[PDB]
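Overview of a structure with dorzolamide.
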Amino acid sequence: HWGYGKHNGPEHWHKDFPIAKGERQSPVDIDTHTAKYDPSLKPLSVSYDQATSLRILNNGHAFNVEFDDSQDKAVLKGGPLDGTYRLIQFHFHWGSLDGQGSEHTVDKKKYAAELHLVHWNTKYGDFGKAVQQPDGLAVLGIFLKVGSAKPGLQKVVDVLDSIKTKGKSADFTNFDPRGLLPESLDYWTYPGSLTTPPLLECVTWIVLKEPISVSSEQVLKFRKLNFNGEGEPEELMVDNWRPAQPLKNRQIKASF
Ligand SMILES: CCN[C@H]1C[C@H](C)S(=O)(=O)c2sc(S(N)(=O)=O)cc21
Ligand SMILES: [Zn+2]
């Protein structure tokens, strides 16, 4: 089934998911000299003070930190969005080496990793309904570069040893996602898709301009995770990123 290796990787996904060759696929390269500054674009409103994290899980493709989304606790509003989008989970994509790992690129520059905070439009009532709609999800993407340690990331790094292999999960309460935000919330936005199967074209992408920095030893611990389940041959979970897709009939807008 799908993965990131030679035999089941991104170049093969269209055989099982024909929308892989669709008109609003993600990620894309953001060319900064062609993005249009749009003065109509409102500031983002990130209200994460009431976030309740529950669990961290290795799902064989990345690891997800899951949030309670039964009520409007942690939400995203404003920017290009109409309505309220609830945070349900975040995960990362990263590389085997510091010069690759992000899915979006900026003037073809690749970063060491990319954080995706996934939110769904509450007017559709549940998550499963929201992914079937063109404005169902909003994903906030943040680039990670290697430099100084990010204090707010260390609790995540410390629990990775307990979810080394696919299917493992651990309780992960009281984690505050505000510790993962850059100082500035300036952004680019465009209409796109999920970057993994099922590749549904339901996402409004909001990619922040400012990277956060993490240390070398923090990103090193991501690279020790396993794609495989326990008792199977070890394959290190690295390079779980999709390459940039054609922009086609789309415009990237900048808030700045
Ligand atoms: C491993 C499958 N992950 C898929 C399906 C999940 C149900 S989701 O939350 O819709 C989601 S969000 C993204 S991404 N990389 O575009 O942010 C990929 C996925
Ligand atoms: Zn992602």
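Each residue takes its place number in the sequence, starting with 1. What's counted below: heavy atoms across the whole structure, side chains too, no hydrogens, waters or symmetry copies. All ligand and atom numbering here is 1-based and tracks the order in the structure.
Here, the model contains dorzolamide as ligand 1. Within 4.5 Å of dorzolamide, most heavy-atom pairs belong to the chain that UniProt identifies as Carbonic anhydrase 2. Site of dorzolamide with heavy atoms closer than 4.0 Å: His61, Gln89, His91, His93, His116, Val118, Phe127, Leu137, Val139, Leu194, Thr195, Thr196, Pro197, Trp205. It turns out that the other ligands and ions under 4.0 Å from dorzolamide are ligand 2 (zinc ion). Looking only at protein heavy atoms, the nearest one to atom 8 (S) of dorzolamide is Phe127 CZ, 3.9 Å. Listed by atom number, the atoms of dorzolamide under 4.0 Å from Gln89 heavy atoms are 9 (O).
Remark: dorzolamide and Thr195 share an N or O pair separated by less than 3.5 Å (distance only, no angle test).
Under a 4.0 Å criterion applied to the non-hydrogen atoms of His116, dorzolamide contributes the atoms 14 (S), 15 (N), 17 (O).
Of the protein's non-hydrogen atoms, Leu194 CD2, 3.9 Å is the one closest to atom 11 (C) of dorzolamide. Of the residues that UniProt lists as binding Zn(2+) in chain A, those with a heavy atom under 4.0 Å from dorzolamide are the following: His91, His93, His116.
Checked against a 3.5 angstrom limit, the closest N/O atoms of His93 and dorzolamide fall inside it.
By the 3.5 Å distance cut-off applied to N or O atoms, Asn59 is not counted among the residues near dorzolamide. Looking at the UniProt substrate-binding residues of chain A, I find a heavy atom under 4.0 Å from dorzolamide for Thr195, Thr196. By UniProt annotation, the domain of chain A supplying most contacts to dorzolamide is Alpha-carbonic anhydrase.
Nearest protein neighbour of atom 2 (C) of dorzolamide, counting heavy atoms only, is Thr196 OG1, 3.4 Å. The shortest heavy-atom distance from dorzolamide to a UniProt active-site residue of chain A, with that residue, is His61, 4 Å. Any N or O atom pair closer than 3.5 Å counts here, and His61 shares no such pair with dorzolamide. At least one protein heavy atom sits closer than 4.0 Å to atom 18 (C) of dorzolamide.
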